[PDB]
Amino acid sequence: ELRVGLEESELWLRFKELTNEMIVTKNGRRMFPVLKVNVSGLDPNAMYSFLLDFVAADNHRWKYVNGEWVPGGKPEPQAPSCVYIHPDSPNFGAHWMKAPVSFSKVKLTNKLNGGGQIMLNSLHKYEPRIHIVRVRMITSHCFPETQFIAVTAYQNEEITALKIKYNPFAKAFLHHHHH
Ligand SMILES: *[C@H](CC(=O)Nc1cc2c(Nc3ccc(F)c(Cl)c3)ncnc2cc1O[C@H]1CCOC1)CN(C)C
Ligand SMILES: [Zn+2]
């Protein structure tokens, strides 16, 4: 029985509860927390490739006013992002099931989608989606705890405090809306 579990799901929930945010830049930024999954139930001798893309969690824009996230805008549907190929692809099912599969090197951008860079629209809520392709029978896997709003700068200052607390790299690289 094919099973895909989320690694460090409780840490993801700390950001999930406050509505997670991820920075997008012209050159791209790594995610925090990193997406890692545990896979069981593959054919260990078959060949598989692991793919990652980001789907719209909803079809409207978002704003952060008065210390809370508010929907808005005429809902225009957003197409999924480009796919990022896990660098170990293709590989045996035994390779994917021996250790957590990590997508730590993916970089989210708002400009250039080539290679390890994924282009996202600012102020939209995205959800990572993992594709396992037998080397084409495809299975797709997502986790609501990993949803986030792509932003060019951190809106919720509580998120900034969480990122600084748990991401060791946040400290090395370390206006409000009202009406
Ligand atoms: C983004 C580039 C991109 O993703 N290109 C691309 C994707 C692709 C896929 N994608 C895919 C989508 C959903 C899904 F569930 C799975 Cl398992 C896979 N699958 C197969 N081959 C692909 C090729 C590909 O590209 C190469 C082919 C054409 O150019 C290079 C572009 N955005 C506009 C979406
Ligand atoms: Zn989902």
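In chain A, numbers come from the PDB entry; the residues present are 41-175, 180-218, 226-230, in order. Numbering of ligands and ligand atoms starts at 1, following listing order.
Modeled at ligand 1 is a drug that PDB records call afatinib (bound form). In the deposited model, most contacts to afatinib (bound form, ligand 1) involve the chain that the PDB entry calls Brachyury protein.
Using a 4.0 Å heavy-atom cut-off, the binding site of afatinib (bound form, ligand 1) is formed by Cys122, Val123, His171, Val173, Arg180, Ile182.
Per the deposited entry, the covalent link of afatinib (bound form, ligand 1) reaches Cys122 SG.
Geometrically, afatinib (bound form, ligand 1) and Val123 share a nitrogen or oxygen pair separated by less than 3.5 Å. Under the 4.0 Å distance rule, the nearest protein heavy atom to atom 14 (C) of afatinib (bound form, ligand 1) falls inside the cut-off. The PDB entry identifies the source organism of chain A as Homo sapiens.
There is no protein heavy atom closer than 4.0 angstrom to atom 24 (C) of afatinib (bound form, ligand 1). Not a single protein heavy atom sits closer than 4.0 Å to atom 28 (C) of afatinib (bound form, ligand 1). There is a protein heavy atom closer than 4.0 angstrom to atom 11 (C) of afatinib (bound form, ligand 1). For atom 19 (N) of afatinib (bound form, ligand 1), the closest heavy atom belonging to the protein is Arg180 NH1, 4.5 Å. When distances from atom 21 (N) of afatinib (bound form, ligand 1) to the protein are checked, no heavy atom turns up under 4.0 Å. If you number the atoms of afatinib (bound form, ligand 1) from 1 as listed, the ones under 4.0 Å from a heavy atom of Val173 come out as 17 (Cl).
Protein non-hydrogen atoms do reach within 4.0 Å of atom 2 (C) of afatinib (bound form, ligand 1). Using a 4.0 Å cut-off to heavy atoms of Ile182, the atoms of afatinib (bound form, ligand 1) that qualify are 17 (Cl). For atom 17 (Cl) of afatinib (bound form, ligand 1), the protein comes within 4.0 Å by at least one heavy atom. Protein heavy atom closest to atom 31 (C) of afatinib (bound form, ligand 1), with residue, atom name and distance, is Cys122 SG, 2.5 Å.
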